[PDB]
Asker: 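Right, I'll just put the structure down here and ask away after.
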Amino acid sequence: XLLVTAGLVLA
Amino acid sequence: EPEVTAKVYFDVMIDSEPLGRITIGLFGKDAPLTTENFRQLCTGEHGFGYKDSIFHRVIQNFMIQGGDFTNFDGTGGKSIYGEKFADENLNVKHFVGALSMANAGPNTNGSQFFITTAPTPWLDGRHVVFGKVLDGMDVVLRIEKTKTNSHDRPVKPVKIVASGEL
């Protein structure tokens with residue numbers, strides 16, 4: 001998808 | 001939109017070529033802990049900071065990400081309050097030109113932030129919006145187009161040669 005994470009970074 | 005209490009800036013450069021400066025405004029009253037963290041990383045007071053760091057993740061029509069000044073890949077960074085800190089305010093909504101905290105689930109704010117270059121409403125309630133680009137939005141729309149590889153990482157490094165305060 002459209003996410004702004006720190007470490008994983010998914011769909 | 002919240003009131004701006006302080007002003008910080010980033011002088012950006014892509015591989016020896018100067019792009020210009022991004023002037024940011026900080027909502028000090030709606031998120032004091034968060035804007036303080038940001039401000040002090042811009043100056044460098046504690047030894048570490050956004051100076052010399054990069055934007056490891058840029059996605060057209062979405063946002064540009066940065067602040068991993070301890071690993072440069074998106075897995076690092078640290079606040080001025082130790083490792084991580086709770087989310088202060090999640091009432092403020094995202095808008096184009098907003099400064100928001102990137103994280104790893106609730107209450108895991110560190111030093112990574114993002115600047116939105118398009119509407120990202122599906123993100124409200126989960127990321128602390130704590131500022132806006134007051135000027136240098138064109139510098140942000142410049143970076144957004146840079147060439148990235150898989151994982152959306154800039155082929156030529158986009159670096160914050162200088163960051164400070166106004």
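A, B, ... follow the sequence lines: proteins, then strands. Residue 1 opens every chain. Per deposition record, X-ray crystallography, 2.6 Å. The listing treats every modified residue as its parent amino acid or as X, leaving its further atoms out of the contact count. Hydrogens, waters and symmetry mates play no part in the numbers below; they use all other heavy atoms, side chains included.
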Asker: At chain A in this PDB structure, which drug or drug candidate is present?
Answerer: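 The name is ciclosporin.
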Asker: Determine the main partner chain of ciclosporin (chain A) by heavy-atom contacts and give the name the PDB entry assigns.
Answerer: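 Per the PDB entry, the chief partner is peptidyl-prolyl CIS-trans isomerase.
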Asker: I'm curious, what organism does the PDB give for chain B?
Answerer: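 The deposit lists Leishmania donovani.
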Asker: With a non-hydrogen cut-off of 4.5 Å, what is the binding site of ciclosporin (chain A)?
Answerer: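 By heavy-atom distance, those would be B/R57, B/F62, B/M63, B/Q65, B/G74, B/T75, B/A102, B/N103, B/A104, B/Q112, B/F114, B/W122, B/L123, B/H127.
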Asker: I'd like to know which residues of ciclosporin (chain A) contact chain B if I take heavy atoms and 4.5 Å as the cut-off.
Answerer: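 Under 4.5 Å (heavy atoms): A/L2, A/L3, A/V4, A/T5, A/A6, A/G7, A/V9.
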Asker: Considering distance alone, list the donor-acceptor pairs between chain A (ciclosporin) and chain B shorter than 3.5 Å.
Answerer:
unit_1 : atom_1 : unit_2 : atom_2 : d
A/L2   : O      : B/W122 : NE1    : 2.9
A/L3   : O      : B/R57  : NH1    : 3.0
A/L3   : O      : B/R57  : NH2    : 3.0
A/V4   : O      : B/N103 : N      : 3.4
A/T5   : O      : B/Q65  : NE2    : 3.2
A/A6   : N      : B/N103 : O      : 2.7
A/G7   : N      : B/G74  : O      : 3.2

Asker: What entity name does the entry assign to chain A?
Answerer: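 PDB name: cyclosporin A.
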